[PDB]
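In the model that follows, one finds S-lenalidomide.
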Amino acid sequence: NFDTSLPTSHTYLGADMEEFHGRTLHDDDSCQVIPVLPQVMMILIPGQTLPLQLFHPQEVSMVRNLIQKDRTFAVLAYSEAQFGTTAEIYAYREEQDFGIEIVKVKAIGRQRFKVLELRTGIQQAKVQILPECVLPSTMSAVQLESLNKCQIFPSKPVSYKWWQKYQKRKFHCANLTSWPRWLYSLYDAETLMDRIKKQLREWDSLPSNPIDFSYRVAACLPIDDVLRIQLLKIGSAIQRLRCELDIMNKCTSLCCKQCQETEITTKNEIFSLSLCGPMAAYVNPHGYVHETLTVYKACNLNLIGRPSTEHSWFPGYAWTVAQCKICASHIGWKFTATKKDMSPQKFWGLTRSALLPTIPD
Amino acid sequence: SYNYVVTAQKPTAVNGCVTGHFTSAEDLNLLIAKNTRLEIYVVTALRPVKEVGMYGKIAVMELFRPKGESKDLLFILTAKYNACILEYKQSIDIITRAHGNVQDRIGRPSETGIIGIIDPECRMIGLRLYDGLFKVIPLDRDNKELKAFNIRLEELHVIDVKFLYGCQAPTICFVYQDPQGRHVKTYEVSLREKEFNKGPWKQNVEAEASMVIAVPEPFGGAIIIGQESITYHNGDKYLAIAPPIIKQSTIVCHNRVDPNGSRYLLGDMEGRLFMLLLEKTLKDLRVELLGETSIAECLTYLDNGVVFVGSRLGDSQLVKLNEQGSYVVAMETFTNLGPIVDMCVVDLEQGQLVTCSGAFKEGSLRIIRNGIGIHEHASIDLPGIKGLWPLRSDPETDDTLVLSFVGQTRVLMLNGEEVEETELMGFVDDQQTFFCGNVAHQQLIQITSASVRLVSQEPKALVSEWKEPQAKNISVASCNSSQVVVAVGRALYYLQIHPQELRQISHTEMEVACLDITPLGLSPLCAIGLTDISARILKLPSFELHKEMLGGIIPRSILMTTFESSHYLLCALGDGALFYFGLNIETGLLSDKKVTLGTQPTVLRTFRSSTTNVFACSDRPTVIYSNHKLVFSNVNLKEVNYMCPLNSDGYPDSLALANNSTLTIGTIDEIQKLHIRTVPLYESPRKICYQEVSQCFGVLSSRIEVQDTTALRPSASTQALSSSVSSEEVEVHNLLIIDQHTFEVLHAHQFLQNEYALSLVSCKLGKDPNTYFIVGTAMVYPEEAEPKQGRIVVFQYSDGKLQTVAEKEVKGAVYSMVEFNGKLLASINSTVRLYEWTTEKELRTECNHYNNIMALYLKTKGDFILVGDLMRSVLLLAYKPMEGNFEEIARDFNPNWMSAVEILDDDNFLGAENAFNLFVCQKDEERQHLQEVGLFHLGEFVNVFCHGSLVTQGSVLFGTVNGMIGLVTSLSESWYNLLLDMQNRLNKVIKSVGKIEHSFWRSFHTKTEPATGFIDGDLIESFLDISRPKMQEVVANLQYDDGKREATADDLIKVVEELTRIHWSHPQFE
Ligand SMILES: Nc1cccc2c1CN([C@H]1CCC(=O)NC1=O)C2=O
Ligand SMILES: [Zn+2]
């Protein structure tokens, strides 16, 4: 095998970046005016990491000044745009060697917002912060006071009766309400997270806070720009986790987005080469961003040009352009090992914008 | 949209219960919390003394005595973190010594909930609200604002905490859990440093230990209750028992019996009451099983071995604990409607409410009617009674009851409480009697069909007789103290009463079904009822008319009577109608005013209860009054054919009631009240609906059986007359068929093993004349998180049997069902599905709608459908008849736990949502967006809404976890504006217990926002109780509405009173 922490540290971007201890948040429902960077297209998720490479003096100004000292710009989901996410710069290097100015930055998604107005070649967006909606348990409202003492349980051994036990003791006071234990169970952050864990385990810990967890798996899920806007629209951790379980059951195959009815890969094949997941965002040399998904097998693709390690997002591997056999539409890349001792000798990296999740039959 | 929320039944379930010396140092009090209410009793060998209402859910309530104080003070903490210290004052005030809001800006509320504790030396209140922190309020005389400070806790998951006794400083003892397990620790609170100090001792306790008990100051130390073990600690002494007798369940409440701490009471999760004993210094522990009580939430030992068992799941109790080995026995029961888990209304057209109340062994049906009750003292088996008269065998008080049957009369003598049938000399007993009673000149009178008999008193004899000149059959009679007016079919005669003689005076003729001559000594006025169908008035001696006409069935009863000092005439119809006209004492003209009471013909009698009221017999018996307007008021009895007043040496100011097979003698309640009938089921009722043609209710219910599979006790569902089947604890679901009159369990159907019954409905479908019970089920497996299969079962109850008329398998859970224009509308998982009912007698899917949300809630008006889920997402849908299809109209995703929804009207939706709130969504392109037009912090968890009528526009009732019943109704914008002013001005004037601002209380809470579009009728109605100068203070700047003007106290007094009349009145506490 190879070092799984390497892809998330974006080593292909260069040697070293000055780091900033990020602590600026805007309070809920507020109206903020934030810069929007040109030619950035992606739907960015809170906690997700975003690397960039800037060449236009336009861009290079926006950031140079951003560094002092908000460090945050706005990323938009394009339908143009109804919603988006604040991204805060946590690392930055400014190379002007050969007299050519490049700015490389690593930002992280922070807050979800609703677009009010969009003014202008740099954009500034009028933006209302959407609150992260945090709810107690379903039972904390109807819970008998006498049974409060039992709400903490002995912790789970590192085994399924424990969950039957958990369900029986935590949701006991359902009897006071008009629904069963097993219903309240389907809105229980702790349960849902566990059900999601097991699926994510087949791609082999992680956050314990439901908000974080729900945002971490949100960024892993290979879905399409129209479905990504949906979860982004979602304000609740619970509804995020739920909806996320839905996709993981309902979306087994992955097809060419362009010619639509053509299978590239399946759930079975998805694996986390990156520590972060089966999917992360990566910049190419011209500054374009790709959320690429690592799979073992991929069908109906043609390979053109020569395997190359040039600017490779996976140190140790060379990339070859892969495209849909039918439509010729560029679906992603095949990665091959350069050492005969490395595990995965090949894997496919598929760009998310090129795919369409399908529920077969 | 603008709504009025008012309570119709205050919360009945007990939150907490404390004793101590509060009223006086001498008194011993029991203090009982019922959510937002606080009842104060004095213990005796319980006298209610004072009840008050917080603007707050009572979450902590302790008694304590500060140094150099003469009686205990009371600490309350509300769920909104309103603290206060309260004092009783003798008419009676509860005063606020101290108060303040102990909330923190930061702070994750602890999983184990709020915990309030006061140390033994009354130095401080210790508050555990959040993980990591321990809040301390010093009890210094000069801390009126309850300002406080926090101490950091290394331990983040504390299960339970108490201060200990007998320490050289205030000391907390607590059980906490971390990665290595569960442990007890102690900390010393350094008063000077304001910080924790290394405690006296600490100790890995039982895995499931959860209850801390601080033992008083001989032994001191702490007791720890767990799942299998009870353990004692102090310094480094240590005692551990693990008796079998506590194996079976979980100890969840406790209380100290005596100061010594020798004995403790312990309450199971399942009804068991234990006694724990400390054996003596301290050498051992022993548990004893006292027996079964209501499932206890809280226990208090009072005195003379009497114990208060505060229940939430059932009725609360008083239990007497009585060699022969320890036992406990029930003394008293106190009504709990708590968990109102579902309800329905019978007689929407009286009007009674039926609930599914309680849980496990406490499960019951509650039947709730408003009305005047009757205490019965005696019953006599005599079939066929057709008249009742009180009478007086001797010149003081009645002692004779005369009853008539078809062509027969019988006389009953009364000696105290013993009734003996006798003969009255002078009274013929072979005819049916039309009137008899006491008359003028020391005499007695019997008016039969044949003749009219004047009888003397001392040696009783027939002194004078009167019969028709042609010896004909009398059709109707009427007589008062001194006059007689008898009708003979075609014409009628006027007669008088003088000593020894009754001689005629008038001999008229008619163009007659009832008469009256009640004087308002001699009445110069006469009431008549004639194919001419009119209530005619006639002059005495003269007979020469006023009149009125009624049109349409012949009138049965007529009466002239006086309410207040106004005069009326009453005429009751043979179809069940009642007409009430205004009268003219000297003139004779009549005016105005009608009401129906029940199709069986009505009979009217006078009685005194200082003034005069009228009893009306029919299918529904009714008392009438009054305040210069007249009032309907139902009597809590099944039909009574006849009544009369009875005042005896044995039955003073009492009543005699006769129906078809029984005569009853009873006293009659002065005020109305709520009459609750309880049908214990000994299992959890889950749904109810009312099938009128089968005259019975369907009730979904479940019971808990334990593995090899068998029940824990006899249940409704195991003790039905007939029963059918479909063929570690488990759940067994049934449909019960409960008879509507006798509340017998007529039938129990039992669903499939692991089949969960979720929804129920009674209805007609398509072109089928039958009414069906229709259950929605779901298949519940432990391995399977998401429901993947379920049934819709269509049952029919004919004869004594439940038949299965049809099934429909469905690829998921049937959460909800509503009958929808003769079709069946069912929500299955995340689909909403509409079914047609064919002639093949099968449910055949017409259409189907998938949503982003699991269709938990379904409600309909006309063609509109409201779809909702646990998470508070609502969808408005429209069935399109020409499309055979659904259409989403509006939608609103706004994430909060939601517990119940209802449609108010085409454009407005009511909902209950997290932290005991109510909200209202309004319909009015991108106007598929619903607007939030009303919020209100209710203070209850609503389970069920239903359209109803208790007796403002429309009416929605709600039932609640704490057992409170509420009412919601619409107000015009004009009234909302008026009442909003009023609330604010009433807020300036009314003293609130913990000095909590009404505004803060009603503010929508989770986030916090002000209340809106809701009027607290509970607050408005208190306007009536403030002083006359305060009433005028409040109405100083209010615009009333006619055609507007400065409102007066009297305009408001009558406005608020009309308002009190739309729900049941509250009972006085004392
Ligand atoms: N050279 C070139 C020119 C235009 C686009 C792109 C490239 C290389 N590249 C990707 C290829 C896969 C990788 O591992 N790193 C990259 O940077 C592109 O997306
Ligand atoms: Zn293609």
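Throughout, protein chains are lettered first and strands after them, A, B, ... in sequence-line order, and every chain is numbered starting at 1. Reckoned from all heavy atoms, side chains included, excluding hydrogens, waters and symmetry mates. Counting convention: from 1, in listed order, for ligands and their atoms alike.
Counting every copy, the structure places S-lenalidomide at ligand 1. Looking only at contacts, the largest set of contacts to S-lenalidomide comes from what UniProt names Protein cereblon.
Other chains in heavy-atom contact with S-lenalidomide below 4.0 Å, by letter: A. Residues contacting S-lenalidomide within 4.0 Å (heavy-atom distance) are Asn284(A), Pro285(A), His286(A), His311(A), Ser312(A), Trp313(A), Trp319(A), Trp333(A), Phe335(A). Per the PDB record, the organism listed against chain A is Homo sapiens.
Residue counts put most contacts of chain A with S-lenalidomide in the UniProt domain cult. Intersecting the UniProt (S)-thalidomide-binding annotation for chain A with heavy-atom proximity to S-lenalidomide (under 4.0 Å) gives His311(A), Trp313(A), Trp319(A).
Between S-lenalidomide and the UniProt Zn(2+)-binding residues of chain A, heavy-atom distances under 4.0 Å are seen for none.
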